[PDB]
Every structure is written in C-alpha cells, then in structure tokens.
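This chain uses plain numbering: 1 for the first residue, then up along the sequence. Atoms within each ligand, like the ligands themselves, are counted from 1 in listed order. Computed from heavy atoms alone, side chains included, the values below leave out hydrogens, waters and symmetry copies.
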Amino acid sequence: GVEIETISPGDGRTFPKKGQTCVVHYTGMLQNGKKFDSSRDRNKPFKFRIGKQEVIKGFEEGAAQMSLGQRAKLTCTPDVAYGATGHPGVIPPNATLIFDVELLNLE
Ligand SMILES: CO[C@H]1C[C@@H]2CC[C@@H](C)[C@@](O)(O2)C(=O)C(=O)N2CCCC[C@H]2C(=O)O[C@H]([C@H](C)C[C@@H]2CC[C@@H](O)[C@H](OC)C2)CC(=O)[C@H](C)/C=C(\C)[C@@H](O)[C@@H](OC)C(=O)[C@H](C)C[C@H](C)/C=C/C=C/C=C/1C
Ligand SMILES: [Cl-]
Ligand SMILES: [Cl-]
Ligand SMILES: [Cl-]
C-alpha cells in the first residue's frame with residue numbers, strides 16, 4: 001500500500017473532499033534512488049481531481065490523508081503504483097516509488 005511519513009505538518013483540519021481538485025508539488029524517485037520527475041523544477045504545481053482515477057492509487061490515497069500545507073514522503077508499493085507492467089520507458093515492472101508531496105491548495 002501507501003506509507004506516509006510527514007516532512008512538515010499541515011493544518012490538521014482541511015483534507016481533500018469529493019469533487020475537489022488537489023493542487024500539489026511533487027518529486028518522484030525509484031526506491032533505488034533515481035529521480036524521475038519533479039513538478040518543482042518546472043515551476044508548475046500539479047493538479048488532479050479526487051475520486052476520478054486520474055493518478056496511481058498510492059498517490060491519491062496519500063494525498064487524501066493529507067491536510068492543507070502538509071508535506072510528506074509517500075512510499076508506494078508496486079500494487080498501488082504501476083505494478084507488473086511498469087510505465088513504458090520510465091518505470092520498470094515491480095517498482096516501489098517514493099514521492100515527496102506537498103498539498104498546496106484545494107480547488
Ligand atoms: C508529462 O508528465 C506527465 C506526468 C508524468 C508521466 C510519467 C510518470 C512516471 C510521471 O513522471 O508523471 C510521475 O511522476 C507519476 O508517476 N505520476 C505523476 C504525478 C501523480 C502520480 C503519477 C501518475 O499517476 O501519473 C499518471 C499516470 C502516468 C497515468 C494514469 C494512472 C492512473 C490511471 O487510472 C489513469 O488511467 C487513465 C492513467 C499521469 C497523470 O497524472 C496525468 C495528469 C493523468 C492522466 C494521463 C489521466 O488521468 C487522464 O485520464 C484520461 C486524465 O484525466 C488527464 C488529466 C487528461 C489530460 C488531457 C492529460 C494530461 C497529461 C499529463 C501528463 C503529465 C503531467
Ligand atoms: Cl537521480
Ligand atoms: Cl511553482
Ligand atoms: Cl497553489
């Protein structure tokens with residue numbers, strides 16, 4: 001599943017709701033240490049809708065349990081990420097993924 005380790009606490013009150021758009025900054029790396037992406041380096045926060053299966057299960061389950069302003073390390077086992085298939089040309093089969101996510105806003 002998804003394991004969450006807080007980097008900085010959020011407000012402890014405002015969490016993503018049904019129908020809301022999450023606005024985050026993230027950095028992703030393979031558990032071996034290779035960084036594969038960062039919304040921070042492109043200076044553009046990442047947006048996705050809660051409950052719309054837009055992102056991998058671990059990323060959305062991690063964000064759903066975060067409050068506004070929280071930053072956390074999410075460790076995603078392959079069954080909540082890209083599983084046996086991987087993501088073509090970027091994420092191999094059976095990859096555990098680490099995401100550093102900050103919940104910036106809810107729209
Ligand atoms: C260039 O960078 C890519 C993101 C890259 C791709 C490669 C991976 C390593 C990665 O680097 O992100 C990465 O860090 C990663 O693993 N991510 C991104 C951050 C959230 C977690 C994860 C993810 O789920 O990616 C996603 C993963 C790769 C695929 C999805 C996984 C869940 C599954 O249910 C979905 O089935 C459909 C497919 C990619 C996304 O987060 C993008 C935003 C979402 C989609 C494409 C779909 O949800 C699509 O469904 C119709 C939509 O509704 C979108 C909004 C429609 C519009 C037009 C498309 C926009 C595309 C934007 C693409 C972007 C910024
Ligand atoms: Cl790297
Ligand atoms: Cl920015
Ligand atoms: Cl923002």
Margin query: Trying to figure out the drug at ligand 1 - which of darapladib, zosurabalpin, rapamycin, carbomycin A would it be?
Written below: rapamycin
Note to self: I'm curious which chain is the main partner for rapamycin in this model - what does the PDB entry call it?
What the structure shows: Peptidyl-prolyl cis-trans isomerase FKBP1B
Notebook entry, point to check: Counting only non-hydrogen atoms of the protein, does one fall under 4.0 Å from atom 1 (C) of rapamycin?
Noted result: no
Note to self: Within the protein, is there a heavy atom lying under 4.0 Å from atom 46 (C) of rapamycin?
What the structure shows: no
Notebook entry, point to check: What UniProt domain of chain A accounts for the bulk of residues touching rapamycin?
Noted result: PPIase FKBP-type
Notebook entry, point to check: So, for atom 55 (C) of rapamycin, does the protein have a heavy atom nearer than 4.0 Å?
Noted result: no
Next item on the list: Mark whether atom 49 (C) of rapamycin lies under 4.0 angstrom from at least one protein heavy atom.
Entry: no
Checklist line | Other ligands and ions near rapamycin (under 4.0 Å) | finding: none
Next item on the list: Output yes when the distance from some N or O of rapamycin to some N or O of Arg42 is under 3.5 Å, and no in every other case.
Entry: no
Next item on the list: Measure from atom 25 (O) of rapamycin to every heavy atom in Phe46, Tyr82, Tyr26, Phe59 and give the option owning the shortest one.
Entry: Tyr82
Margin query: As an exercise, identify every atom of rapamycin less than 4.0 angstrom from a heavy atom of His87.
Written below: 7 (C), 28 (C)
Item checked: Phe99 heavy atom under 4.0 Å from rapamycin -> yes
Notebook entry, point to check: Do you see a protein non-hydrogen atom under 4.0 Å from atom 37 (C) of rapamycin?
Noted result: no
Note to self: Counting only nitrogen or oxygen atoms and a 3.5 angstrom limit, does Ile56 reach rapamycin?
What the structure shows: yes
Next item on the list: Provide the binding site of rapamycin at 4.0 Å, counting non-hydrogen atoms only.
Entry: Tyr26, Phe36, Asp37, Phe46, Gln53, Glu54, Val55, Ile56, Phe59, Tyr82, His87, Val90, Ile91, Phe99
Do any nitrogen or oxygen atoms of rapamycin lie under 3.5 Å from a protein nitrogen or oxygen, and which ones?
unit_1: rapamycin; atom_1: 11 (O); unit_2: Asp37; atom_2: OD2; d: 2.7
unit_1: rapamycin; atom_1: 12 (O); unit_2: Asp37; atom_2: OD2; d: 3.4
unit_1: rapamycin; atom_1: 14 (O); unit_2: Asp37; atom_2: OD2; d: 3.3
unit_1: rapamycin; atom_1: 16 (O); unit_2: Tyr82; atom_2: OH; d: 2.7
unit_1: rapamycin; atom_1: 24 (O); unit_2: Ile56; atom_2: N; d: 2.9
unit_1: rapamycin; atom_1: 25 (O); unit_2: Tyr82; atom_2: OH; d: 3.3
unit_1: rapamycin; atom_1: 34 (O); unit_2: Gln53; atom_2: O; d: 2.7
unit_1: rapamycin; atom_1: 48 (O); unit_2: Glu54; atom_2: O; d: 2.7

